[PDB]
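Here's the structure we're looking at; comments come further down.
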Amino acid sequence: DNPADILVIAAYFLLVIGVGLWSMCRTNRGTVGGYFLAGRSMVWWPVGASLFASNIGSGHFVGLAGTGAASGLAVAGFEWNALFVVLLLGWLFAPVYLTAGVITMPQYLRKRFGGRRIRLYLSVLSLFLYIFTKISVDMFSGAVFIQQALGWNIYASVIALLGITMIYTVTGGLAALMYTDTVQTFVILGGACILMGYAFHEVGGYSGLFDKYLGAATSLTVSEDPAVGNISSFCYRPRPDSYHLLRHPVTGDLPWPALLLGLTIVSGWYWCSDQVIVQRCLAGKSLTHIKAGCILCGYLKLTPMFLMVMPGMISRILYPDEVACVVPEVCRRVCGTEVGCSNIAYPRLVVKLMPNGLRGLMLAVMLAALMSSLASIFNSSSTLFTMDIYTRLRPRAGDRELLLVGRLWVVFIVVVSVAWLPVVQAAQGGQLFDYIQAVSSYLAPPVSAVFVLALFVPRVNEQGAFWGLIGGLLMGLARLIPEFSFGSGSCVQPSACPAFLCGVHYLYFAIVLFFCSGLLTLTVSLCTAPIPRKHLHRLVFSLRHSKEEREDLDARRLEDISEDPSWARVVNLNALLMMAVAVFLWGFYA
Amino acid sequence: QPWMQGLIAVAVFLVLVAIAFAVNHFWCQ
Ligand SMILES: CCOc1ccc(Cc2cc([C@@H]3O[C@H](SC)[C@@H](O)[C@H](O)[C@H]3O)ccc2Cl)cc1
Ligand code: NA
C-alpha cells in the first residue's frame, strides 16, 4: 500500500521490459540457433550473471535462511561446493561440448555412444527432475514468501507469477533471458546486501551474531498434547557445532565427507551435465568468455553464506519464540505448520526490519530470483523437448515449426506446474528442502557417473552407458520408495523409518550410488566390444584437439577452441586466485 | 584461531597445485 513500494516494484518491471526490448531489437529469434543458443554470441558478464541468476531462486532465500536458523552455517556447503565445480564446467566439460557442436546434453550422449535409447532416456529423466526438484522449490518458496510478507492468496499469486514468467520466457529466448539476468543479478545482490545490513545492525554486528546465536532457544518447550509432554533439550537448544562447516562424520547433520564428496558428485550433475546451466555455456562467444563467466559466477556463489545463511541465523536470535518454536500448538499458531517454523526466518526479517521504501525492493528481490530461475527452467526444458523428443516424432521438421513447438512446450510446462502446485503445498515446513536434496542425491549420481566416463574414459561404450543409467535408477529408486513410504516427521516426532535406510545420510548414498553406477558401466563396457577412435574425435576430453574426420555414430569455426595465450593466461590465473579465496573461506569456518 | 585455519587450508592448496604442475610436467610430456 506504500507509494514507495509500488514505485520501486514498477521501476524493476521497467528495467526488465527495457532490457528485454533492447535484446529482441538486437538478436535474431527466427532461427533455432538464435532462439535456443543466443546465436552463440554471449560474453563473459552475461554468461556469469546468467549462471548465477539461473541458479539462485526464492528457494535459496527461504531454504538457506530457514536451515541457517535451524542448524547453523553448514548449508553454505551447498553454495561453496559450486566454486570448485564451476571450474570443472569451464576447464573440463565445456571445451568438449563446444567441440562436439551439441545444442542439448542428451545429444552429446547420442554423438558419444550412438544408440537411439540413451538420448530419449536422458530427456525424460531430465524433464521429470525439472518438475520435481527445480519448479517445485520455486513454487513452494514463492508461496512461503507471499503467505508471510504479503498475505495474498497463495494459489492466485503463484498463477499470476507463473503466467508473467511464461510471457517473459516465450517472448525472446535465451538471449533476452541472459541479458536480463544481468539486471536480475544486480537487483538480487543489491537488495540482499541492504537486508544483510539491517539484520547485522539489529543483532549488533558480526560479533553480535557469534555471541548470541547459541543462546537463541525458545521459552515454550512444554506441550498441551499427551504422549508429547516436555520437548527434549536436544531439539529446542541450538546445535553446539552450529558455527562449524565441517561437522562430525557419523553424527553430524551434514557430515563433512558427505558435504565434500557427495555434494561434489551431485553438484557435478547440476553444473556440468545439466541442460539448465550448460545452455548458458553453449551460448558463449568463445571458450575464454565461458571460463571468464565461470569465475564471475564462482566469486558470486560465496555471497549466499553472507546474504542468506547468516541473516537466517540473525532471524533466530531476534524472533526465537517464532523462528525456533518446537511445540506443535505454537507452530500451528505461528506458521500453520505443526512440524516447525524455520521457513518464516527470511520472510520475517523482511516484514519486521525494512522501512516504508525498501520492503518493495525486497519484493523485487524475491520476484527477480523466482522469475530468473523459472524462465531458465522453462527455456531449457523447451530446448530439451523440442530438439530431442519432437525431432524423434518429426525428423524433417525445420527451423520454423521447431520454434512454434518450443513456445507451445513453455505453455504446457506452465500448466503442468499449476496442476503440481497443490502436491508441493502438501509438503509441510522445511522437510521440502530435505526432500529435494534427497531426490537429487538418488537420481543424479548415475548421470554424473556416465558423463565423467563419457568424457574421460573412451573405452566406455553404449551398452555400458545405458545399463549404467538404468542400474542406477534401480538402486536409487530403492532408497526413494522406501523413504517416501515412512515420511519424515520431525525431531519432536521421529518417523518409524528403519535406520539402515534413513541413518545413512542421503549425501553418503550419493557417493555409494555414483561408484556403483560407475562400476556397472565399466563392467558392462569391458565385457562388450568397444567404439573405435574414428567414431570419437572432438567428443572425448583426450580428442578435443583432433582435426581428423570423425565418423558419426549418428561450421568449423565452432569446432575451434584455441584461445589467445594472453587471455588464457589471465583466466587461468584468476581461477587459481578464486580457488585460493574459496579454500581460505572453507578454512575460516571449518 | 580461524585465520590460521584459513591460511593452513590455502598452504595445503598451493602444495596440491604445485603437485599438479609436477605430475603433468613429468607425466604428460
Ligand atoms: C538441508 C537442505 O537444505 C537446503 C539446501 C539447499 C538450499 C538452496 C538450494 C541449492 C541448490 C543447488 O544444489 C546443487 S546440488 C543439487 C548445488 O550444486 C548448487 O550449488 C546449489 O545452488 C538447489 C536448490 C536449493 Cl533450494 C536450501 C536449503
Ligand atoms: Na534465479
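Chain identifiers are assigned alphabetically from A in the order in which the sequence lines are presented. The PDB entry numbering applies to chain A: residues 21-574, 637-672, in that order. Here chain B follows the PDB entry, giving residues 28-56 in order. Computed from heavy atoms alone, side chains included, the values below leave out hydrogens, waters and symmetry copies. One-based numbering, in listed order, for ligands and for the atoms of each.
In this structure, the drug found at ligand 1 is sotagliflozin. In this PDB structure, UniProt names the chief binding partner of sotagliflozin (ligand 1) as Sodium/glucose cotransporter 2. Other chains making heavy-atom contacts shorter than 4.0 Å with sotagliflozin (ligand 1): A.
Result for chain A: of the UniProt Na(+)-binding residues, sotagliflozin (ligand 1) comes within 4.0 Å (heavy atoms) of none.
With heavy atoms counted under 4.0 Å from sotagliflozin (ligand 1), the transmembrane segments of chain A in UniProt's N-terminal numbering that qualify are 2, 3, 4, 7, 8, 11, 13. Residues in other chains coming within 4.0 Å of sotagliflozin (ligand 1) by heavy atoms are A/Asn75, A/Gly79, A/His80, A/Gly83, A/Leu84, A/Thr87, A/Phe98, A/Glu99, A/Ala102, A/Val157, A/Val286, A/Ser287, A/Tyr290, A/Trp291, A/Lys321, A/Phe453, A/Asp454, A/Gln457, A/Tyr526.
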